[PDB]
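Pictured: Coagulation factor XIa light chain, co-complexed with MAA868.
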Amino acid sequence: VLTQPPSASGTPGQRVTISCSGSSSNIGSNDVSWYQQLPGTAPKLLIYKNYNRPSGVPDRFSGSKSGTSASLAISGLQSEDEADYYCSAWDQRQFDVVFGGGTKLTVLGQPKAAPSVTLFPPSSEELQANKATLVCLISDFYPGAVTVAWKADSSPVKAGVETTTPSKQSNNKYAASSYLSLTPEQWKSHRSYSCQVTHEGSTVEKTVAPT
Amino acid sequence: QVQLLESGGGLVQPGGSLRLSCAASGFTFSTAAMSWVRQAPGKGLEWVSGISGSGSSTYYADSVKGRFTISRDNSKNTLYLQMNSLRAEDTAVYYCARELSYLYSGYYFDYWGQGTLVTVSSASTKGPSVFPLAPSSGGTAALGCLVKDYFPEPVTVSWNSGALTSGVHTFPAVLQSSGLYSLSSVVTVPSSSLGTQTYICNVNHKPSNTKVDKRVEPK
Amino acid sequence: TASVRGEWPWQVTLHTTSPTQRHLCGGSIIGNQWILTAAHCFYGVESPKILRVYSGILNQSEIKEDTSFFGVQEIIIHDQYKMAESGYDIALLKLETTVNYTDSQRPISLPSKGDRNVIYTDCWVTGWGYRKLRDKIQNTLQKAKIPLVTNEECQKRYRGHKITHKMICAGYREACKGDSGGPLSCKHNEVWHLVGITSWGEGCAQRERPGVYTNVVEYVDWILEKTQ
């Protein structure tokens, strides 16, 4: 059972150490390996046999081991390094290869950015199928955390809301999605529906209405 | 160079069976010890089974003994995982990997496949309903497609058969209370091109074999 | 196939006692208190205090808590050793006591520096088949007659690594059970020589990449200096 802190962080060009805690049966007496898993990709071997790098793994990554603990040092930190890092070792007692639970490395230093908000009303096609979904799209925000509230004629609507977790974009900014399900009767019974997005104390509003 | 291409993954009923495959290229397959390593959603890695180069020795994690069977065809450069009496907790992405486990090397996995998602659920496959997100009446217009109520993941969205790529933002899916996913794809285009230029989102959902090419027209 | 009692009297089984006692590696008696083995064997070994050397062993099962063993005073790893594929995978075990030679425990002659390039035709690999973390140890000591493979033929198979002069390859046998640190012994002019030490490589069969052994003749200087 290898234990790693769930998160790590650093700004560009810094050094970040990812740590791995074990026991005499695994790390204490076995060769350690490290894997990098970028979002939506397979793991990649970074280090094997404690400190060795396979061909193509840059010098920036270094592995070490001291007793029942092992460390992955990431120097010259790039935004592309934002990934999950896993330690691994054979365990003689369990008689199996074991993994850490992984550490989610976050790269900081992105300037603060307010959310861009696009709000869509239900399509005619959907209204014909006796359904109504309001689509609130939130993008280009940093830090990656947002609060969503929906309104119908300036009064709060809490029921039938589904909101995604924030996710990082290709450009290192964050995106989120919020959906408002209504019956076509609710959509029409109101003059307008609104999606209010709060990011670091500031609110960005979009409004939509039936034709 | 080295390739490990996986297939055979998909949705299966609880108690069901599935045969995963992993095709290899760019290294002499018969010389390699091969393994399956899985990753449960939002969790870490778990070794499942391993097999020697010849196929003489096979090993299995405690949670899959007597249910999974590992095999290989050296003439075909392929590794198999026959999975029987599948359980909900067997839901994961399964990667095949070349392993090193000598006393001289330590235990590591140098080459990995891309993974196939195995879903063990009693819910039946559901194809999405695709709705256009019509642009409304200032320089640029935001338009898109709502891919509603599908199961399981993934769904793929391209615009105008891949002719429209820049300014395309396909949003990660929301998991609704119903157990069905929903996603949106949006593109910001020049307002002037509306009406004159055609916008079609091509949605595919391999689990249900759904294929929609939805034209998105303005109001 | 199975070996018999007293067939390989230089062959020893090296055991760890921490956390529990188990076979760790193979090795050869090369002198009164000198065991020659591979350096990669000791990846998990802290100090010699936890080691036991067993001579005259046919069956792992015949090892009880009354079985005579040799304590280890010093572990000598070649100072240039980092990993098996970069060579220098060689080590000496200085025993606490002297090995009193019998028919069940005797030393194996090192190879002659005059026979540096000689292509040995009567080579054997012996052990309890422990080379990988998951493999199950053979109870009886196994033997197999292995042909040598040229370094040029060996390099062709292992294009990704460098097959140095300090390495000797063996394979293309008409599955082998050597242990890590175990001997590759060749009988030349009716005398047994310790030609190789099991290090890395795949196996010995015709359908496998050949085993890469530490070329003992290149370390004769190192062995004599360290055992002086």
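Lettering of chains follows the sequences in order, A, B, ..., and the numbering in each one begins at 1.
- In the structure shown, the parts corresponding to MAA868 are chains A and B.
- Heavy-atom distances place no part of B:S56 under 4.5 Å from chain C, backbone and side chain included.
- Residue contact with chain C, scored on non-hydrogen atoms closer than 4.5 Å, involves the backbone and the side chain of B:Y107 alike.
- Contacts of C:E202 with chain B (MAA868) are made by both backbone and side-chain atoms, with heavy-atom separations under 4.5 Å.
- Proximity to chain C is absent for every atom of B:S57, based on heavy atoms less than 4.5 angstrom apart.
- For chain C, the chain of MAA868 contributing the most heavy-atom pairs under 4.5 Å is chain B.
- The contact region for MAA868 on chain C lies mostly in UniProt domain Peptidase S1.
- Lab note: closest UniProt active-site residue in chain C to MAA868, heavy-atom distance to 1 Å, was C:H40, 3 Å.
- In the deposit, the organism given as the source of chain C is Homo sapiens.
- Epitope of MAA868 on chain C (heavy-atom cut-off 4.5 Å): C:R22, C:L24, C:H40, C:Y43, C:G44, C:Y81, C:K82, C:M83, C:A84, C:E85, C:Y130, C:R131, C:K132, C:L133, C:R134, C:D135, C:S180, C:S199, C:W200, C:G201, C:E202, C:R209.
- In terms of heavy atoms under 4.5 Å, the part of MAA868 engaging chain C is the set A:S29, A:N30, A:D31, A:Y48, A:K49, A:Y51, A:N52, A:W90, A:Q92, A:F95, A:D96, A:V97, B:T28, B:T31, B:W47, B:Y59, B:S101, B:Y102, B:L103, B:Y104, B:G106, B:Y107.
- In this PDB deposit, the label for chain A reads anti-Factor-XI Fab fragment light chain MAA868.
- The PDB entry designates chain B as anti-Factor-XI Fab fragment heavy chain MAA868.
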